[PDB]
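What follows is a model of Bifunctional AAC/APH carrying bound gentamicin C1.
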Amino acid sequence: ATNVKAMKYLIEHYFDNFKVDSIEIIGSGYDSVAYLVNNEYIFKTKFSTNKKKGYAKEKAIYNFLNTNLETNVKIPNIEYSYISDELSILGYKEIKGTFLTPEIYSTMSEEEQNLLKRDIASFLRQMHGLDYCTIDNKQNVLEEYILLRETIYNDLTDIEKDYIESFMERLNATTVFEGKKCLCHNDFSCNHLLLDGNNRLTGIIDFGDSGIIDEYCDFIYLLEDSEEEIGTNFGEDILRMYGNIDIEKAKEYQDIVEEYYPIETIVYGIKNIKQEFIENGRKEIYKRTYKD
Ligand SMILES: CN[C@@H]1[C@@H](O)[C@@H](O[C@@H]2[C@@H](O)[C@H](O[C@H]3O[C@H]([C@@H](C)NC)CC[C@H]3N)[C@@H](N)C[C@H]2N)OC[C@]1(C)O
Ligand SMILES: Nc1nc2c(ncn2[C@@H]2O[C@H](COP(=O)(O)OP(=O)(O)O)[C@@H](O)[C@H]2O)c(=O)[nH]1
Ligand SMILES: [Cl-]
Ligand SMILES: [Mg+2]
């Protein structure tokens with residue numbers, strides 16, 4: 001009840017004639033909280049964070065996409081924004097629908113599933129085809145590795161160090177970063193995909209990590225085999241509908257990103273001074289090392 005009151009205050013303070021009649025927490029990330037306001041608006045908010053210029057880019061991307069996409073699929077359209085080092089708020093009309101989940105997918109008929117895959121391939125084809133906020137993942141990883149070496153690397157165990165070095169060797173030998181670059185959503189998982197009443201794709205949210213990056217990026221979660229995502233076959237079928245893309249390299253890219261995840265988690269802990277993340281990522285290295 002306290003969070004909500006503070007945020008109600010801040011919204012009314014920064015957005016003058018805006019009156020909050022109702023407000024509830026509708027979701028969060030580790031660094032942010034989203035509120036549903038007057039059963040009509042989403043307000044995404046974040047306080048003093050690592051990515052100081054963060055909601056600025058996300059806003060620029062919504063504006064660029066709302067200008068240049070021709071699609072029936074809805075994405076946030078920013079009506080309110082306040083951006084500062086200490087606090088950032090984006091407001092838009094709530095995109096209505098039901099988030100895609102494995103459970104829901106499994107109730108869909110084969111035809112419904114096909115239409116959804118087609119809708120997704122279609123959206124991605126259009127977004128990736130836009131004449132275009134660069135992101136270089138290889139370079140980012142190298143910089144993160146340098147940060148590790150400068151901070152906690154020497155205190156890690158041999159098993160941990162070997163996991164990291166083995167990954168860096170793979171990163172150095174892969175060719176998966178040498179392909180097409182385009183504007184990608186870059187966090188394209190089923191918890192960001194909204195379905196209408198006929199199980200068709202009706203909206204997509206959270207372009208907060210979006211940028212000009214490897215084309216393979218937008219298939220990483222579609223290809224993921226986990227309890228949260230639909231499955232590898234879902235991503236394969238979409239890749240086939242999308243067309244003109246090397247499927248084996250897309251899978252290599254996903255597999256490399258998945259291998260990086262524990263390390264990414266450690267790095268997040270270091271940068272944000274959150275020991276819990278350092279510990280979790282290290283423990284995940286052991287779990288993966290002993291999986292057979
Ligand atoms: C763009 N940043 C993404 C971040 O948003 C976050 O992405 C999540 C990603 O973390 C999540 O998958 C991770 O976590 C899954 C599980 C532990 N989630 C609770 C298992 C697979 C593992 N890759 C996906 N199912 C959904 C996806 N939106 O994690 C990876 C990342 C590179 O940091
Ligand atoms: N239905 C719906 N839920 C939304 C919308 N925007 C945000 N959410 C919810 O609140 C979260 C918003 O956080 P998000 O945009 O993904 O920013 P993040 O912190 O970068 O992950 C989502 O996971 C959804 O649960 C929207 O327009 N429609
Ligand atoms: Cl630790
Ligand atoms: Mg999100």
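Residues take their numbers from the sequence shown, with the count starting at 1. Counting convention: from 1, in listed order, for ligands and their atoms alike. Heads up, header says this was done by X-ray crystallography, 2.5 Å.
- Within this structure, gentamicin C1 can be identified as ligand 1.
- The 4.0 Å heavy-atom shell around gentamicin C1 (ligand 1) contains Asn186, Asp187, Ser189, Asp209, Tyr221, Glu224, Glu228, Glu229, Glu258, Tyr261, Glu264.
- In this structure, atom 14 (O) of gentamicin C1 (ligand 1) lies nearest to the protein heavy atom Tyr261 OH, 3.5 Å.
- Annotation: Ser226 places no N or O atom under 3.5 Å from an N or O atom of gentamicin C1 (ligand 1); distance criterion only.
- Heavy-atom proximity to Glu229, at under 4.0 Å, picks out these atoms of gentamicin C1 (ligand 1): 24 (C), 25 (N), 26 (C).
- By minimum heavy-atom distance to 1 Å, the UniProt active-site residue of chain A closest to gentamicin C1 (ligand 1) is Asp187, 3 Å.
- Geometrically, gentamicin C1 (ligand 1) and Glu228 share a nitrogen or oxygen pair separated by less than 3.5 Å.
- The shortest N or O to N or O distance between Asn191 and gentamicin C1 (ligand 1) is not below 3.5 Å.
- Within less than 4.0 Å of gentamicin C1 (ligand 1), the structure shows no other ligands or ions.
- Here is the list of gentamicin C1 (ligand 1) atoms found below 4.0 Å of a heavy atom in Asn186: 1 (C).
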